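Depicted below, zofenoprilat in association with Cytosol aminopeptidase.
Protein chains get the first letters and strands the later ones, always in sequence-line order, with residue 1 at the start of each. According to its header, the structure was obtained by X-ray crystallography, 1.9 Å. Atoms within each ligand, like the ligands themselves, are counted from 1 in listed order. The displayed model is a subset of the deposited entry, and contacts were enumerated within the subset.
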2 protein chains.
Amino acid sequence: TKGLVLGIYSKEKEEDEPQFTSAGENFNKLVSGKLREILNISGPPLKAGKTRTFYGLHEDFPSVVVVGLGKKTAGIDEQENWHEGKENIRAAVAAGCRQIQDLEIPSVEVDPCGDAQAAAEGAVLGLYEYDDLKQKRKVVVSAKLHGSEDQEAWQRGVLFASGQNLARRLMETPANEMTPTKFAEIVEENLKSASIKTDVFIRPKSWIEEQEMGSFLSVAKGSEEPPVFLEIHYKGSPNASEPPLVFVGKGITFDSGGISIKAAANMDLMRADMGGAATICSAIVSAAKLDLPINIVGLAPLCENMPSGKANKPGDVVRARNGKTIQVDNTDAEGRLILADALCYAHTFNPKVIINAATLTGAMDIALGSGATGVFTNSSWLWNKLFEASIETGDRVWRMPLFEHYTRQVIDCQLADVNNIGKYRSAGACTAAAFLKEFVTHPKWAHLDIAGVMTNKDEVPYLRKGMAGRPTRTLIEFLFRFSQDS
Amino acid sequence: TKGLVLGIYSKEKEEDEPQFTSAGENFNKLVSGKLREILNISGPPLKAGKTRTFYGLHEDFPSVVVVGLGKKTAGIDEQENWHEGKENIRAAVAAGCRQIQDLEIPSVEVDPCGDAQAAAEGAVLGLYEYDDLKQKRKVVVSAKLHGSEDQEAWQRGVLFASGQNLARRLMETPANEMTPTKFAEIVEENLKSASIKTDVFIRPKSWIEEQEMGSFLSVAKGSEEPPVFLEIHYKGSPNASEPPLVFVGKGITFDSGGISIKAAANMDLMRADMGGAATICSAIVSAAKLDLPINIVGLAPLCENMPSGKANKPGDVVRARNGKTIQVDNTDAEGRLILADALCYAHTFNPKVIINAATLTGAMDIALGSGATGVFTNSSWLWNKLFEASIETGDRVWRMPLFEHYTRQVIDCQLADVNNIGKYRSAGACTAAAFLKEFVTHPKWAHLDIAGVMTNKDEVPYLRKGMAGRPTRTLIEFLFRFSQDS
Ligand SMILES: C[C@H](CS)C(=O)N1C[C@@H](Sc2ccccc2)C[C@H]1C(=O)O
Ligand SMILES: C[C@H](CS)C(=O)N1C[C@@H](Sc2ccccc2)C[C@H]1C(=O)O
Ligand code: NA
Ligand code: NA
Ligand SMILES: [Zn+2]
Ligand SMILES: [Zn+2]
Ligand SMILES: [Zn+2]
Ligand SMILES: [Zn+2]
């Protein structure tokens, strides 16, 4: 059994009937107009993201799912900050593929819908499900481009989507499996499979201690799970000495909050508190697969945050790699602690830019939810590049303020140079960002608080319920454009 | 006794000593160099916002307070989104005036510090205190410009600051005094004192019922305090038919949350839940005092949100003026309910723009705190105008997303067209904004969630602890520039 997903646009006022994509019209022609005929008979027109299934139209395609693509000329939506057409395609195709999968069809050919990359992303992101630990699973669906004219674009979409799906897998996987060591090993095998122009160092605790990362170590010690500092190098630049772009990701494989223990409700989701590491590492893996002509370094401090007889204690003062002391008033604000040391280390690479990602604050979720990743940056150039890339990917970013106003609230510290929690409970994502900035001197640094986009329920149509792996594609697009432009 | 506030800048590397402002150097000359001499003797240089008091330098000024103005050439700070020099002046002067007041001196002359408006704002905003109900009060200080060359700029500052102080007074005043009726009467007398080219209508409940404002009425009915719909007109345009700019403000004189009752802790601050009305009305009063050549309409639905035998009940469905039904799942999300009707009414004026302000969500506070007012708008032109004005005033704004992503979460309603609370608890300010947008069809609408800037502790140096009256000056500046530019 082989399924087929075909797109149809919303009817324009000047048109007598909704128009099929080129593939749709061709298939209709192939079946002597039976597709149009049955679609007409089926009832109301298919709107954006809606689907309808027709059976027995062609011996090779017992199941044909037509999906609504919305307005054919839908481009950049000035109000939504994204290319609407691409988003329509991703959603429609995802919906179509899910329908094919529900019919238990193992193979599906997908209409490029005028944008093969978007179509591929919809199919690949849409079909993804982390079901490795389930006895009962949906049929594995192999999605392929319908036709052979948009191959590179289609594969580009598969690549981008696969990068995000890698992040989703890493985030979704339970923490007892996805330990710091396991995460590092999976990223290592993926990066090495992507290109041999790579180096991966799964730095052990001894190295971390040697690097004087007391902040990171303070978080890790509460747990019996060994911490690791993942360092990955992708040497894509023609010039080996070319300064690299450095990505840093919060890799808390599991966050119980530590002594400042979290509430039980939905704490299981904290297995994705390493989403920052997942997204930046996956983006680098994808950059390597794209063979981007740039040098990139990925840094991911990985550990668990657990309560125990040797765990971080509220009030404890720890020393970051840069010598700055930190008062750990709340052990559940551990992401900024490990990032302090990772960000310090990031400067040793004399990077062109430093971008960190982290499921850093619930405040970010309360601020923008899953609508967009919050971006704190001291460079409007960098903000604009990330923003422009997000318009293309649809995985939106929204700028958040890096004001001294917030810095003042974290450096007002009773015992040390900086407190790991603001003196007020307001603007949690902003004070967390201000804290990170105290460990950054680089002129082009961007902090992405992805706590709000850590999961998906139904907000992003082409992502099934679960860890979202956002905004991996936006980072990939950013890297791609940087390798071409910047 | 008459005090004197003089400014001194931070020493530049090329300078041999920190430089006084023109007024400072002149005074020093007047006292034969004794000011410089004593300042030198006093110790370390005065940094931005710091002050030092010197006594007996001149028979007419027994107390002279020198204040640090920071870098003389401090201009627009690209990272802080404000004119740093103006902010330095406001803070320094406020500090100086507070010192003069502590010395119980009733009159103070203030150095224009190279920017008389900023100096005036610092003095007027800085000295303000709502102490009408206190037996023990600080000495009333009369601040005046030192010299007579920067009079218009100084008075402009006093005007802007007075506008904000009016908002602060309205917000700070206890709700049993600042009732809907009282608020309306105070705004009325202030607007009428500002210009005779005005009309004020304190619309009674009967009018509100006539206007079919069922949403607004649903909120008000729980309380015995009569609701009023304040409608103010400022006819500043040379052309009476010139479309007006319409401002709308949430005027909940007191919010107990209603049946969805609030927690006791700090609920007293909800006497400022009419801050939206306070800021937009005050801005209009100030626009009138500035005699801006534009037509402006101010709309402020005013009422209390109280629990009682006839109060809004969770689940109740009310009908807005535009016929849209609203499911009131949480009676404490009442601001959007009254704004729905006010925003609908705003369209009847065929306005050029519609800007509403409201202490709408705690989510906004969690998002940006008092760092900046969150601005939701469907017009980048409008956003940019507000942003540019905020750079000048220092009362910053930060854009927040108006995405369908959030709309979907409020129109997913069990009983009606729209639910007054999102289906998820994330992005509270965004879903609240999305709710408002369902009552807006205008192409240039901006919603300002000022919940985070409702109060000040010490974030804004020139504002004493209490209701902040923000971002009144930014609205005034916006209006001023619009009357000149747009
Ligand atoms: C998503 C983050 C990172 S794991 C997180 O859970 N935080 C960070 C801080 S916020 C915070 C909460 C209360 C007082 C001070 C800060 C602690 C914890 C929390 O919200 O209680
Ligand atoms: C500042 C605002 C306006 S008065 C406010 O207090 N809200 C608005 C809503 S948010 C909300 C809270 C829980 C569920 C749904 C929405 C209710 C109340 C609150 O936070 O509990
Ligand atoms: Na995980
Ligand atoms: Na009040
Ligand atoms: Zn935590
Ligand atoms: Zn965490
Ligand atoms: Zn309320
Ligand atoms: Zn309220």
### Task
Point out each ligand or chain corresponding to zofenoprilat.
ligands 1 and 2
### Query
What chains, other than any belonging to the drug, come within less than 4.0 Å of zofenoprilat (ligand 1), counting only non-hydrogen atoms?
A
### Task
Give the UniProt-annotated Zn(2+)-binding residues in chain A that lie under 4.0 Å from zofenoprilat (ligand 1) by heavy-atom distance.
A:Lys250, A:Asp255, A:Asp273, A:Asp332, A:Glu334
### Query
Which residue from the UniProt active-site annotation for chain A is closest to zofenoprilat (ligand 1), and what is the minimum heavy-atom distance to 1 Å?
A:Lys262, 3 Å
### Query
Looking at atom 15 (C) of zofenoprilat (ligand 1), is any protein heavy atom nearer than 4.0 Å to it?
yes
### Message
Side chain or backbone, does A:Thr359 bring an N or O within less than 3.5 Å of an N or O on zofenoprilat (ligand 1)?
### Response
no
### Query
Taking a heavy-atom cut-off of 4.0 Å, which of the residues UniProt lists as Mg(2+)-binding in chain A lie that close to zofenoprilat (ligand 1)?
A:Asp255, A:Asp332, A:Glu334
### Query
What organism is given for chain A in the entry?
Bos taurus
### Task
Nearest heavy atom to atom 6 (O) of zofenoprilat (ligand 1) wins, so pick from A:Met364, A:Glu334, A:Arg336, A:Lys262.
A:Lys262
### Task
Tell me which other ligands or ions sit under 4.0 Å from zofenoprilat (ligand 1).
ligand 5 (zinc ion), ligand 6 (zinc ion)
### Query
Should the proximity of A:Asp329 to zofenoprilat (ligand 1), defined as any heavy atom under 4.0 Å, be assigned to the side chain, the backbone, both, or neither?
neither
### Query
What makes up the binding site of zofenoprilat (ligand 1) if contacts are defined by heavy atoms under 4.0 Å?
A:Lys250, A:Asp255, A:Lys262, A:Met270, A:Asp273, A:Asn330, A:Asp332, A:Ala333, A:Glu334, A:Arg336, A:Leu360, A:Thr361, A:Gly362, A:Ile421
